[PDB]
Number of protein chains: 2
Amino acid sequence: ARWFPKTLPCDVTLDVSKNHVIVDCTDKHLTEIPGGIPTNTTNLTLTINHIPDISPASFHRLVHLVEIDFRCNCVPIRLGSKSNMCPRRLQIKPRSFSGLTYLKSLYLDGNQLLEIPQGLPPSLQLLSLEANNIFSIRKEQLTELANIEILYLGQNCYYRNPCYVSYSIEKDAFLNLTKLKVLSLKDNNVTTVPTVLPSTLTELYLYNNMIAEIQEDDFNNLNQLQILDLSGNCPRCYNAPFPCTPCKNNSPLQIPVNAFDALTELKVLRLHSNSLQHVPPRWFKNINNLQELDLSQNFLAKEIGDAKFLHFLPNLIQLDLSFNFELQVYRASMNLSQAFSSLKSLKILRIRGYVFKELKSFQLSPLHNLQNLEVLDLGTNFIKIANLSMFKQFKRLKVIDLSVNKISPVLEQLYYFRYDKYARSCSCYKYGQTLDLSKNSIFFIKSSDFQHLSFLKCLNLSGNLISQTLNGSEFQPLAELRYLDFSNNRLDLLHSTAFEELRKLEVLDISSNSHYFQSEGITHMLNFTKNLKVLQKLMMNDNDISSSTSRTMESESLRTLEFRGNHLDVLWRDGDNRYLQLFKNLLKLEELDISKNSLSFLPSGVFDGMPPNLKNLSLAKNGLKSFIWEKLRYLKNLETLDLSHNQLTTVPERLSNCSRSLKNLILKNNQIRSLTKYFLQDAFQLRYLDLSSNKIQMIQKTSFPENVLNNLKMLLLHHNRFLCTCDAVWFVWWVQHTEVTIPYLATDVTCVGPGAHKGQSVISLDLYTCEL
Amino acid sequence: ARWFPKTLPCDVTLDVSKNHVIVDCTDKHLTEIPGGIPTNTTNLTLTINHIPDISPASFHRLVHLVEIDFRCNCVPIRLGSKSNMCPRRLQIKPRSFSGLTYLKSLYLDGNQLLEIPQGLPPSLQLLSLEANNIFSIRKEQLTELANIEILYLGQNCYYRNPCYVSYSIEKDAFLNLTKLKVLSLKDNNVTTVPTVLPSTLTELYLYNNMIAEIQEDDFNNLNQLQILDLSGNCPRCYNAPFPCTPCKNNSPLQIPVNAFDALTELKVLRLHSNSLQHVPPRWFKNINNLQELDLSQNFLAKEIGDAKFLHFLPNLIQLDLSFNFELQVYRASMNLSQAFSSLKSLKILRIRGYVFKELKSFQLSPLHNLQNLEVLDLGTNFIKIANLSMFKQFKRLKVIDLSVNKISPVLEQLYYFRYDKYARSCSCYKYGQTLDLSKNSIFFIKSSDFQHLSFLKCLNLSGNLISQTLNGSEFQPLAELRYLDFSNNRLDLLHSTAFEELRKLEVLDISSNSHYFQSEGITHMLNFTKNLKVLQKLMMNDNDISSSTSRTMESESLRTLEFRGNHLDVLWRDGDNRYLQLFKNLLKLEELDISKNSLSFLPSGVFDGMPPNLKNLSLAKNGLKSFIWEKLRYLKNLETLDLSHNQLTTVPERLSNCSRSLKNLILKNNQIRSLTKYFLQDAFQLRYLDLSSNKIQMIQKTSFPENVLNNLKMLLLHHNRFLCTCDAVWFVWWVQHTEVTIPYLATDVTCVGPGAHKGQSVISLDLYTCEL
Ligand SMILES: *[C@@H]1O[C@H](CO)[C@@H](O[C@@H]2O[C@H](CO)[C@@H](O)[C@H](O)[C@H]2NC(C)=O)[C@H](O)[C@H]1NC(C)=O
Ligand SMILES: *[C@@H]1O[C@H](CO)[C@@H](O[C@@H]2O[C@H](CO)[C@@H](O)[C@H](O)[C@H]2NC(C)=O)[C@H](O)[C@H]1NC(C)=O
Ligand SMILES: *[C@@H]1O[C@H](CO)[C@@H](O[C@@H]2O[C@H](CO)[C@@H](O)[C@H](O)[C@H]2NC(C)=O)[C@H](O)[C@H]1NC(C)=O
Ligand SMILES: *[C@@H]1O[C@H](CO)[C@@H](O[C@@H]2O[C@H](CO)[C@@H](O)[C@H](O)[C@H]2NC(C)=O)[C@H](O)[C@H]1NC(C)=O
Ligand SMILES: CC(C)Cn1cnc2c(N)nc3ccccc3c21
Ligand SMILES: CC(C)Cn1cnc2c(N)nc3ccccc3c21
Ligand SMILES: *[C@@H]1O[C@H](CO)[C@@H](O)[C@H](O)[C@H]1NC(C)=O
Ligand SMILES: *[C@@H]1O[C@H](CO)[C@@H](O)[C@H](O)[C@H]1NC(C)=O
Ligand SMILES: *[C@@H]1O[C@H](CO)[C@@H](O)[C@H](O)[C@H]1NC(C)=O
Ligand SMILES: *[C@@H]1O[C@H](CO)[C@@H](O)[C@H](O)[C@H]1NC(C)=O
Ligand SMILES: *[C@@H]1O[C@H](CO)[C@@H](O)[C@H](O)[C@H]1NC(C)=O
Ligand SMILES: *[C@@H]1O[C@H](CO)[C@@H](O)[C@H](O)[C@H]1NC(C)=O
Ligand SMILES: *[C@@H]1O[C@H](CO)[C@@H](O)[C@H](O)[C@H]1NC(C)=O
Ligand SMILES: *[C@@H]1O[C@H](CO)[C@@H](O)[C@H](O)[C@H]1NC(C)=O
Ligand SMILES: *[C@@H]1O[C@H](CO)[C@@H](O)[C@H](O)[C@H]1NC(C)=O
Ligand SMILES: *[C@@H]1O[C@H](CO)[C@@H](O)[C@H](O)[C@H]1NC(C)=O
């Protein structure tokens, strides 16, 4: 199919429209730039390899390069692998880039460089030097960068990459970079705002440094600035998950009342973790276009009840006041200033970590007439008491977030506390109004708890303490509910009328309610589904279900059932036929996950007991030691079969004689050592085949006919035991010449032998002696 | 060291005192009896193999045999592996056993035999034929068994091994077995008690059959009988986890009032799952020595409130009345008859599954003066209300079991519901008075909850809903408490005074309290240990701990810390030195488990931060990719190092130069491919070395010096990648001739190559061609 097999260990992609030739050698275990990169290459990515040096020979023929991504070939020791440490910093020889007349972007992050590389072409718009060892910026070193527009210099001096001195920037070092728009000096041990800066700047990142004072006029000329981040200067260090040294005398970052006067275009101001005790209104007197303000992790508890500065922010969209609580103070309630009611445009208000015992509707009245409010986040406040009915006045909201509180009758998990949330590396909301009570202490629910909440579309009760026999009465007011997350509670399914009052329920998650399923004698009614007439998806994963009082689950509507992490092996004990049709009467079911059910064999009758429209079946991670492939004929609509992570040793003699319809067959991580003589013969709408991580030694053409192999969208063969003898001549030739996508050819499709060929890639194999 | 290497694939043990030669071939994948079994063999075990037949040649020379254990060489299909099903039943040719003049015990269970084997020697005392296909007993087939004392014939006709007809026993089939003492016909589809049985019987097992009625004279001559089990005849089928057919019209097994009159020696009566509604006192009129009575899984709920039969049971030790509740009835309280107070000798009372809402002190008053009572089990009763102070009247008890209830302000997991709890296969009580409240709904505790319980030595609160900041006040009355199981709650360690009122506490289990450790911003005081002055063992596994407000844990008493399943990889993030001494001030710590902490590397400072008397350290299951063995020099008292299940690839050049104290080194399941030249040179304190499940190809003599191998109690080498070429001549010869204990030589110490030798045991390898 190809006359010239591709031997380059990089992925090569073509974008005709933009005339781009994309060569991606990410994580190919290279120790040298590979030979034979196409001369027309425009984008070359060499990230995460161990190439030790760059030189004029490196990109000699690649004169059309617009981008070189050469990140992390020598990452600082504390940031990189300790098993394969980089022995010596990257070496860049003179004139390696000067011939790259079209070069627009150069990423050299994470290479332990000591200086800004010189000789850079004047076409360059973007230079990235994060996580190097450059901590002195001099003007001579920047003249080469006359046309630069984006400059990343951060993470060159901080606790994961120390330089042991203060960062140094020469007076006016950046001022003649007349096109510079984005400057990032974060995580750098910087002590003063550099001046004077070019007035073209749109974004200035100065966060996580040692700046104790802003001068008057530090930002005097930046009338185009749109984003300013001064966070983490004078940090709030309590419970910090990184080594944290506060400014002396409990001092805040000191910002003169007029410091932002010039910033008329400012849209985002981030003052997270600056130990602020007051927010002077004067700050915002000539900023009228501000949309995003981050004041989290300061000491603004007393200020939130006053907050006169809010009157100057009628265009604010997002306000974050999280984690401003006074240490060791557990306030009785939340005191929001009336000034909040002047925030016409506010869509998102986050006030986590205010820390108070009781939320009362009257406390939220300053927010009552904010017409655009979409998210109210009061998580992580240790609230013990909240009458949920108070949110009848907030029907317009999209998300009411009370996650992680102590109530009883999506941001990253580390978000407010991590060092740099933007560090670069080498859900039910869509259903409508959402009330998030997850991770609270709700141990008993009753209908009155939800009075005036009929508008709710998604209720998250995950991770409460609900240990109750639901009888269909607990959720009466929730007439519109489409999504209920009940996971990680202690559901007791004594009554099959559980949940039946949620008449519009489409998704139900009762996963990780294993508690009552773990003790003998307790009754479980798994047929509670019959009464839910629009239920589309049911998740009951990790419930340890090993017994059921009812012998059939019933639904006219269910399409998806997740049943992972249960004990169907016990339910289907050989000789007990009573539960072999447990899923048979789920007549619209198309997807069934019964992985992780300890099913070491499938009793005969399982496949005949499947519902008729089953499309996606997972039997993964079952320790399956044998499989009667012929029984798949019962599954007349089957299109995806996931048998991964089992102990299978054979494939069917004729996949065409087992499942005529099957499109995706996943057999990775089994014990298959050979294929049947005619395995894929006539399997014409097979499209995806994963045989990776098995023990296959040889494959012959009869098992792998081309009538099927090139209608394959992907064929996975890596991590097997291929024997590269003269018997493998067809397989080797086909792999070398095929158009079919086979991942990891450059890295993990390898001969195990014989001898000379051990560890050699099949792509590089020369078997001419077989043809002498 | 040996002149004649052992090639027999069986373990051979010598007991000089008992004149026994024990040959154990259990599960050796044998398809024939091996040649060369010692002529002096007295005990030969061939269980779980695939030997298809027995013949006079089988034991031809083994005339001293006293026991043959030939179980499970052809298991019934539903009971056996479905990947290696037995193709044909065991074949026994005539006179295979008649020469075995000393044979006392013959186990032929699970071989699909169709008849009682004939030709057995008259020495035979024990014959076991369970899980065969023998379902008609004729007197002629039993004549060979004149001296038999123990006869196991059950599991020959039941749902896991059907015969599709009723069991048949000829009239008086057993009567001329004049020495018969133990007869078991369980799980056999038996329809009547066989009569007449020999009066020498001491134990009669008739359980799990289809006996609907006992005749008044069925047991008339059994004046020596000590154990009678009639359970599972007319079973109680509600929630049965096995196919269960009840007697018609809800009838119980029906037992005339005088059916037990002859059984004056009876000590054990088992009537579990007989659908009994009454226990007539007349049953026990001539039974005065009964010690154990099982009446579980009947319908005796109302009888328990009357129970006149108990007046005839003054010598009873154990009484089981569990799971007698009326279906769909949730009683208000438990009604124990006053007759219970006549149970003078009772030690154990189990009344699980009575099902009632409220336990009150007065309900237990019939038990108040049972002086010998040790165990009171009221688990699995859905009790909602119980004042724990009532157990001040029960200080003499060893265990008060309220496990699995619904209280709010050790038997196998399947026990009462499994089909045959005696089916054969092919904890804090020791601290003193124990109150087991595990798996209840306790969400809040206060000191008054434990008023008058100061005598308690162990409290099990595992698996409640306790989501509370303990401050040292919640357990004040528990002045004698030595063991607290607080696992699987939601401990909030805000205060370092948590648990300090438990002044005699020696063991604390706060494992699986990960809830509050999983959300950022929450304060956790890990230094709460300082206040527990006799605390010996702390378990805090599976807490997901990744942050700590305190930097050091402190204790003058702690000897064992389990810290498995946390995130020390995050706590010890490279460049953050603040927690590197977390354990340093546990000055008496001898055992530390920090397995499963995602430690892919160990930051420098970890080993210097360890406390000085550490002896047993586990770093297992960490994904460890590298290890600086020299740092072990800091651990001057280290004796056990568990590095199993990691990704290590090398051993130290000289282990002796890394640790002078190390005795036990566990390296199993790593990626080691070779040993260093002088690995064990002069490692004189080494006693135990596990290298199994690595990728080792070759071992040379320099690595394994003889003066070290001679002190090894065990050296594990199985499941490596041994290359059996002429380069391996020393290793192969040494393995064949050494006295060092090496497990699995017969099964899993194998050549992977070259070619011809693939899969061959190295013990069987002949390398003479290397020496021509
Ligand atoms: C190839 O390199 C060019 C040059 O850097 C990339 O072009 C940039 O793409 C981003 C994506 O929106 C734009 O925001 C930048 O403005 C572009 N810069 C220039 C100078 O054009 C291009 O994305 C790269 N393509 C691939 C597939 O890697
Ligand atoms: C940031 O700069 C400070 C100096 O401003 C560095 O601190 C010095 O470190 C040296 C060597 O570690 C000490 O001898 C000095 O006493 C320190 N000076 C002060 C004022 O503390 C610090 O190491 C730098 N931070 C990083 C992460 O490199
Ligand atoms: C070897 O076989 C003999 C005879 O079967 C075993 O001796 C019996 O051991 C049980 C176990 O306690 C005793 O109750 C019996 O009284 C013993 N004698 C008989 C005739 O059964 C002996 O235990 C076996 N040894 C081993 C190591 O398996
Ligand atoms: C126990 O014995 C009964 C008969 O006493 C067996 O039941 C018969 O089974 C055959 C074959 O399935 C049926 O055609 C008969 O109608 C059954 N008779 C009755 C009275 O039910 C039963 O199969 C046996 N049980 C086992 C496990 O072998
Ligand atoms: C059928 C009842 C008489 C006993 N019972 C059996 N299963 C259950 C169960 N899951 N929850 C319960 C909760 C309260 C009371 C009884 C039960 C119960
Ligand atoms: C110290 C408080 C100002 C805030 N706080 C910080 N960590 C915690 C914590 N684990 N549990 C709590 C329980 C109730 C109230 C506050 C907290 C709390
Ligand atoms: C709320 O806090 C503000 C700010 O100090 C204060 O002026 C006001 O009195 C407080 N109101 C209440 C009800 O606590
Ligand atoms: C909660 O507030 C609602 C008002 O919407 C009221 O009807 C209800 O009684 C309140 N519940 C409690 C427990 O105060
Ligand atoms: C509910 O909350 C839990 C825990 O906070 C979260 O993991 C889960 O994804 C949420 N459920 C939905 C449906 O968004
Ligand atoms: C579920 O099945 C059981 C049969 O075991 C029956 O008692 C119960 O009424 C059924 N419930 C529904 C809703 O069908
Ligand atoms: C307990 O039940 C028995 C059985 O009928 C009855 O005779 C007795 O009066 C009951 N006692 C109490 C206190 O309920
Ligand atoms: C529990 O019983 C004790 C008597 O031993 C009594 O002092 C206490 O008040 C009772 N507690 C409750 C809540 O009834
Ligand atoms: C406490 O009870 C739990 C749950 O039944 C059990 O797993 C655990 O072993 C018990 N703890 C002790 C110390 O006996
Ligand atoms: C500890 O908590 C209990 C109940 O929350 C309270 O009665 C007691 O005063 C507290 N003790 C201290 C020292 O705070
Ligand atoms: C635990 O550590 C915290 C801060 O690290 C300290 O305030 C507290 O007093 C300590 N408690 C004990 C018992 O050492
Ligand atoms: C390790 O070996 C070297 C060379 O024999 C020796 O100098 C050194 O002291 C040894 N270290 C230990 C801890 O035994």
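Residue numbering restarts at 1 for every chain, and letters A, B, ... go by the order of the sequence lines. We count ligands from 1, going down the list as the structure has it; atoms in each ligand are counted the same way. When reading the values below, keep in mind they use all heavy atoms of this one structure, side chains included, and skip hydrogens, waters and symmetry mates. Structure method, as recorded: X-ray crystallography, 2.1 Å.
The main partner of ligand 6 in this structure, judged by heavy-atom pairs under 4.5 Å and named as in the PDB entry, is Toll-like receptor 7.
Drug at ligand 6 (options acifran, salbutamol, troxacitabine, varenicline, imiquimod): imiquimod.
With heavy atoms closer than 4.0 Å, the chains neighbouring imiquimod (ligand 6) read A, B.
Defined by non-hydrogen atoms within 4.0 Å, the binding site of imiquimod (ligand 6) is A/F325, A/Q328, A/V329, A/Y330, A/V355, A/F382, A/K406, B/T469, B/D492, B/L494, B/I522, B/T523. For atom 2 (C) of imiquimod (ligand 6), the closest heavy atom belonging to the protein is A/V355 CG1, 4.3 Å.
For imiquimod (ligand 6), the polar-atom distance check finds no N/O of A/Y330 at less than 3.5 Å from any of the ligand's N/O atoms. Nearest to atom 1 (C) of imiquimod (ligand 6) among the protein's heavy atoms is B/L494 CD1, 3.8 Å. At under 3.5 Å, not a single nitrogen or oxygen of A/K406, backbone or side chain, sits near a nitrogen or oxygen of imiquimod (ligand 6). With ligand atoms numbered from 1 in the order given, imiquimod (ligand 6) contributes 9 (C), 10 (N), 11 (N), 12 (C), 13 (C) to contacts under 4.0 Å with heavy atoms of B/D492.
In this structure, the protein non-hydrogen atom closest to atom 8 (C) of imiquimod (ligand 6) is A/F382 CZ, 3.4 Å. In this structure, atom 7 (N) of imiquimod (ligand 6) lies nearest to the protein heavy atom B/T523 N, 3.0 Å.
Among protein heavy atoms, atom 3 (C) of imiquimod (ligand 6) sits closest to A/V329 O, 3.5 Å.
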